[PDB]
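Just so it is clear: chains get the letters A, B, ... in the order the sequence lines come, proteins before strands, and each one is counted from 1. Both ligands and their constituent atoms are indexed starting at 1 by order of listing. Both backbone and side-chain heavy atoms feed into the values below; hydrogens, waters and symmetry mates do not.
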Amino acid sequence: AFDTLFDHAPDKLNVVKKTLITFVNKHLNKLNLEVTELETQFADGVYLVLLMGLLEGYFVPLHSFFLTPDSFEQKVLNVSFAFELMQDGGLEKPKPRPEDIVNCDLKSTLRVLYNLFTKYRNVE
Amino acid sequence: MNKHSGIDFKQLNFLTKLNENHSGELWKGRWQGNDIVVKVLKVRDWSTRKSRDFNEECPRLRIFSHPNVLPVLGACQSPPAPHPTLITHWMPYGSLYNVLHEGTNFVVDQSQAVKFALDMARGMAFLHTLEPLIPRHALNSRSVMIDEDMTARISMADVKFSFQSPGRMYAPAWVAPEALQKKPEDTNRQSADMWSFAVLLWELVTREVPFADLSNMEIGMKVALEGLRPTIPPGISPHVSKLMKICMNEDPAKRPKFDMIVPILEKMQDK
Ligand SMILES: COc1cc2ncnc(Nc3ccc(F)c(Cl)c3)c2cc1OCCCN1CCOCC1
């Protein structure tokens, strides 16, 4: 599914990336936050956590994650927590390890975002 | 040889489903001659540990000794029940939120609103005499119920159990700024509850949902980090303004206890 969207259509990868950029900004702009680069801006887990609350209708208490992570380990914990929120909302366990997102593996990042897009396209 | 067996799930008569959401399903039903509401809880990764915890936490909610507290009548232990389940009496008017914001038949007058405030203050004062405090009750207009004689009652069925995700807050507009940011162990619970009460006063004064134009995530982040506060309404009495301001003090330590605002609200009664 995500093998063809990634590998053998390089200009179509850019189509999905522009679509995902648009979708995450629909929501994160409400917190005065802007995403211009999917390669790095979700790696520390913060925007994934904030995005899940925007998409599923809750606030995440700031003691539940690291709003300003100061280590690789805290970024992994943020991403792992965001994955838990993902499963809370009905998505199946995400395929990538938490570390894959923190290490800016674009395929791991793009898969997680695309699954959020597939589910929440129409949330306003 | 358990101290409680709980309510037998097989004795519940499920009549009509009222709601379903992330937390479970609500049904109107009947049990042992009572008109009841049943909440069937939705829990991911249910376990024997969580089930043990549910069964230790539910008995604390069976509070029959105060008119402004609505007890859990009982709970169905799972196993043997299919899911962990709570039962309470059916409150004909529904929640305070329903009565204030979804009331299609009548608008409660301000004498009734002041009585609601007194009712809630008395129930919360009583709850704060209990040792230890009932873990994780968030005071807001959805967690106060209006009984057949219009008495407002704190809903013990709306507590959050230990296994219900602490990382997802669904009514942040009523939560004190410090409680949006700090673990409950690092906050004074009665001061945090008094902030919630102040927002209830605001809601009773304006007949508006606080921050209705914002998503829950926007509310929590702006209240915690950008100083967003309810706008004190124009043209209310100085006495109501003063009470709202002291209950919503930025310093938790300067907020009054519930038992100190009960006599204030008593003198405000007109009925
Ligand atoms: C008169 O209606 C209610 C009485 C209630 N009385 C007592 N408790 C309620 N809720 C409740 C909340 C949590 C619980 F664990 C349990 Cl056991 C019960 C009640 C919820 C009630 O309504 C729930 C759904 C009301 N909405 C209002 C409009 O939209 C659809 C239905």
**Student:** Can you identify the drug molecule modeled at ligand 1?
**Tutor:** gefitinib
**Student:** Could you tell me which macromolecule makes the most contacts with gefitinib here? Its name in UniProt would be great.
**Tutor:** Scaffold protein ILK
**Student:** Name every other chain with any non-hydrogen atom less than 4.0 Å from gefitinib.
**Tutor:** B
**Student:** Hi! What's sitting within 4.0 Å of gefitinib if we only look at heavy atoms?
**Tutor:** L18(B), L26(B), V37(B), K39(B), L86(B), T88(B), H89(B), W90(B), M91(B), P92(B), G94(B), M145(B), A157(B), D158(B)
**Student:** Which residue holds the protein heavy atom closest to atom 13 (C) of gefitinib, what is that atom called, and what is the gap in Å?
**Tutor:** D158(B) OD1, 3.6 Å
**Student:** What atoms of gefitinib come within less than 4.0 Å of a heavy atom belonging to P92(B)?
**Tutor:** 1 (C)
**Student:** Look up the source organism of chain B in the entry.
**Tutor:** Homo sapiens
**Student:** Would you mind checking which non-hydrogen protein atom is closest to atom 26 (N) of gefitinib, with the distance to 0.1 Å?
**Tutor:** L18(B) O, 4.8 Å
**Student:** Look at atom 14 (C) of gefitinib and say which protein heavy atom is nearest, naming residue and atom and giving the distance to 0.1 Å.
**Tutor:** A157(B) CB, 3.4 Å
**Student:** Considering only non-hydrogen protein atoms, determine which one is nearest to atom 20 (C) of gefitinib and report residue, atom name and distance to 0.1 Å.
**Tutor:** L26(B) CD1, 4.2 Å
**Student:** Would you mind listing which atoms of gefitinib come within a distance below 4.0 Å of any non-hydrogen atom of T88(B)?
**Tutor:** 7 (C), 8 (N), 17 (Cl), 18 (C)
**Student:** Could you list which atoms of gefitinib come closer than 4.0 Å to a heavy atom of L86(B)?
**Tutor:** 15 (F), 17 (Cl)
**Student:** Check whether any protein heavy atom sits under 4.0 Å from atom 2 (O) of gefitinib.
**Tutor:** yes
**Student:** Identify which UniProt domain of chain B accounts for most contacts with gefitinib.
**Tutor:** Protein kinase
**Student:** Look at atom 18 (C) of gefitinib and say which protein heavy atom is nearest, naming residue and atom and giving the distance to 0.1 Å.
**Tutor:** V37(B) CG1, 3.4 Å
**Student:** Can you tell me the protein heavy atom closest to atom 28 (C) of gefitinib and the distance?
**Tutor:** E102(B) OE1, 4.3 Å
**Student:** For atom 5 (C) of gefitinib, is some protein heavy-atom partner under 4.0 Å away?
**Tutor:** yes
**Student:** Any idea which atoms of gefitinib are less than 4.0 Å away from a heavy-atom of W90(B)?
**Tutor:** 1 (C), 2 (O), 3 (C), 4 (C), 6 (N)
**Student:** Give the residues of chain B annotated by UniProt as ATP-binding that have any non-hydrogen atom less than 4.0 Å from gefitinib.
**Tutor:** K39(B), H89(B), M91(B)
**Student:** May I ask you to list the atoms of gefitinib that are less than 4.0 angstrom from any heavy atom of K39(B)?
**Tutor:** 13 (C), 14 (C), 15 (F), 16 (C), 17 (Cl)
**Student:** Which residues listed in UniProt as Mg(2+) binding sites of chain B come within 4.0 Å of gefitinib at the heavy-atom level?
**Tutor:** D158(B)
**Student:** Nearest protein heavy-atom contact for atom 7 (C) of gefitinib: which residue, which atom, what distance?
**Tutor:** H89(B) O, 3.2 Å
